[PDB]
Chemist: 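Below is a structure containing rimantadine. Please help me interpret it.
Chains: lettered A, B, ... by order of sequence lines. Just so it is clear, chain A uses the PDB entry numbers, and the residues here are 23-60, in order. The residue numbers of chain B are those assigned by the PDB entry, with the residues present covering 23-60 sequentially. We number chain C the same way the PDB entry does; the residues here are 23-60, in that order. The PDB entry numbering applies to chain D: residues 23-60, in that order. Note that these values count all heavy atoms, side chains included, but never hydrogens, waters or copies made by symmetry. In each ligand, atom 1 is the first atom listed, and ligand 1 is the first ligand listed.
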Protein chains: 4
Amino acid sequence: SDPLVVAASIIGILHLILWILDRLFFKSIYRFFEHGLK
Amino acid sequence: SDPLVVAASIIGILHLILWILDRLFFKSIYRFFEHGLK
Amino acid sequence: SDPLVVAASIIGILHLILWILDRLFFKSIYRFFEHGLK
Amino acid sequence: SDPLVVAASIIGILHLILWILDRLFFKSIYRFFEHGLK
Ligand SMILES: C[C@@H](N)[C@]12C[C@H]3C[C@H](C[C@H](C3)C1)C2
Ligand SMILES: C[C@@H](N)[C@]12C[C@H]3C[C@H](C[C@H](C3)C1)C2
Ligand SMILES: C[C@@H](N)[C@]12C[C@H]3C[C@H](C[C@H](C3)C1)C2
Ligand SMILES: C[C@@H](N)[C@]12C[C@H]3C[C@H](C[C@H](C3)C1)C2
């Protein structure tokens, strides 16, 4: 038992899925250029 | 049951909350432009 | 008997080799500047 | 001694000091601009 490990293995899966979820890499770069300037 | 795991699960909670902390900087691109140039 | 940890230590080895692998490939900025301003 | 965890907690300590250490390298942005140009 001791779910402490269970939460540990899941915390690792989270950061992983999250990393990719953030690096998804989207197209359309002009949009970002417009967000910075006008 | 030893603390070794306690520090492990916590080390994950940190790296995670941290990375997300840097991602909340979404947008705000003009600041990066003025930072590079003069 | 308790592979839960085995999968945990491996989940970290992945996220790790990943972040690094992504840091070895991220140059090519002129291609983004063009594909964007079009 | 079930070192499996020892390697796990250490694998996390690395990924952490790494992400940060990498965040202390990117100092100015004019370097990325000169990289793309040409
Ligand atoms: C998460 C991201 N850095 C990626 C995901 C896939 C694996 C690696 C190369 C490419 C495709 C990008 C790393
Ligand atoms: C960590 C960050 N990229 C976000 C934050 C919020 C949760 C996840 C999707 C989206 C919104 C982006 C992850
Ligand atoms: C993973 C990457 N950012 C590196 C890897 C090595 C350690 C840090 C400096 C340099 C060499 C680049 C971070
Ligand atoms: C490494 C990065 N997450 C930061 C950079 C600055 C120092 C620390 C807190 C905050 C601002 C985030 C660490």
Chemist: Quick one: what's rimantadine (ligand 2) bound to in this structure? I mean the chain with the most contacts, named like the PDB entry names it.
Modeler: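 The main partner is Matrix protein 2.
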Chemist: Within the structure, which other chains come under 4.0 Å from rimantadine (ligand 2) at some heavy atom?
Modeler: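 Within the heavy-atom cut-off of 4.0 Å: A, B.
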Chemist: Report the binding site of rimantadine (ligand 2) using a heavy-atom cut-off of 4.0 Å.
Modeler: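 At that heavy-atom cut-off, the site is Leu40(A), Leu43(A), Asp44(A), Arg45(B).
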